[PDB]
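Numbering of chain A is taken from the PDB entry, so the residues present carry the numbers 4-125, 127-260, in order. All values below come from the heavy atoms of this structure, side chains included, with hydrogens, waters and symmetry mates left out. Ligands are counted one by one from 1 in listed order, and the atoms in each one are counted from 1 as well.
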Amino acid sequence: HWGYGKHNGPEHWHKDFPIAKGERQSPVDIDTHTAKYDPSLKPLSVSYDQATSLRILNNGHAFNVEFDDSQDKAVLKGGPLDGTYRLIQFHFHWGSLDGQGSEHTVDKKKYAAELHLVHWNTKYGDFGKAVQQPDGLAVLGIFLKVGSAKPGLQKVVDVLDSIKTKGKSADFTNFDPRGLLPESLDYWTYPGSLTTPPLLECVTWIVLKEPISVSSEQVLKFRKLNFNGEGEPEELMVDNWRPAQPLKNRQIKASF
Ligand SMILES: Cc1ccc(-c2cc(C(F)(F)F)nn2-c2ccc(S(N)(=O)=O)cc2)cc1
Ligand SMILES: [Zn+2]
């Protein structure tokens, strides 16, 4: 029954998921003066023009836009990555207030939200196998700040009323995730983990330096979602972020 509450939130996860205290947990604080520029890094390749979204789901923890990953349609390559990683889903983490909500922090700065575009290494054939491998996943993380609206997010916002509560889903076809990306693909990268249970240490993190701007209205609609099931006492889906974890034996590399 893990969650983000006082009795089941991040500080409790290690009891069911002891890897929570592991050597390469995420998220982390990105200390920008200590991150090392790596000329080894090759440019990141985000090829999302053939993405096929399927559905959107409230899973009690966040909302998730799921894609058809049965062919090489939307993929991430280059950067720190070897090979091809297929987009399977994206989701967000966000706050109760504009001053918190991201998982990663930048020089301890918290953003209003963070977008995770989740990809799996096609060398492992499926996502479930990939999560058992140290190089199984690549998650592209993109910060959200509140300011101007992001037009490409609006189709997501407008379907949230149909998936208010835990377990609700809806058709969500022809959504183009390119509309969620900032101009710059300058990034930080480090080896880490899933930021929710099971907290598996399978992720190459790629966190973009440039945030996207979303409007207050757009994020306010995120905060009207519910963690609870239909006909249960309302618990607003807010502050579904894990705090920064110890960096331990890792170096964050910068592409710029
Ligand atoms: C809609 C949806 C949501 C989650 C999952 C999923 C499953 C699993 C696992 F490991 F159990 F298989 N993790 N995991 C998952 C994926 C990404 C992250 S994150 N926040 O690090 O990007 C954290 C957990 C799949 C689909
Ligand atoms: Zn996430």
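Structurally, the greatest contact with ligand 1 is made by what the PDB entry calls Carbonic anhydrase II. As for ligand 1, the drug there is celecoxib.
Under a 4.0 Å heavy-atom criterion, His64 is not in contact with celecoxib. Proximity annotation for atom 1 (C) of celecoxib: of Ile59, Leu198, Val68, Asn67, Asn67 comes nearest, heavy atoms only.
Using a 4.0 Å cut-off to heavy atoms of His96, the atoms of celecoxib that qualify are 20 (N).
Apart from celecoxib, the ligands and ions with atoms under 4.0 Å away are ligand 2 (zinc ion).
The Zn(2+)-binding residues of chain A named by UniProt that have a heavy atom under 4.0 Å from celecoxib are exactly: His94, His96, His119.
What sits closest to atom 7 (C) of celecoxib on the protein, heavy atoms only, is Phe131 CE2, 3.7 Å. Residue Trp209 places a heavy atom less than 4.0 Å from celecoxib. Within chain A, the UniProt domain with the largest share of residues touching celecoxib is Alpha-carbonic anhydrase. Ligand-side atoms of celecoxib in range of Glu69: 1 (C), range being under 4.0 angstrom from any heavy atom.
The entry's source annotation for chain A reads Homo sapiens. With atom 17 (C) of celecoxib as the reference point, the heavy atom nearest to it among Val121, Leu60, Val207, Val143 is part of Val121. My check of the UniProt substrate-binding residues in chain A for heavy atoms under 4.0 Å from celecoxib returns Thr199, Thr200. For celecoxib, the nearest UniProt active-site residue in chain A, with the shortest heavy-atom distance to 1 Å, is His64, 7 Å. For celecoxib, the residues with any heavy atom closer than 4.0 Å are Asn67, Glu69, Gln92, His94, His96, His119, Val121, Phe131, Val135, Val143, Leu198, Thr199, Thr200, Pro202, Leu204, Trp209.
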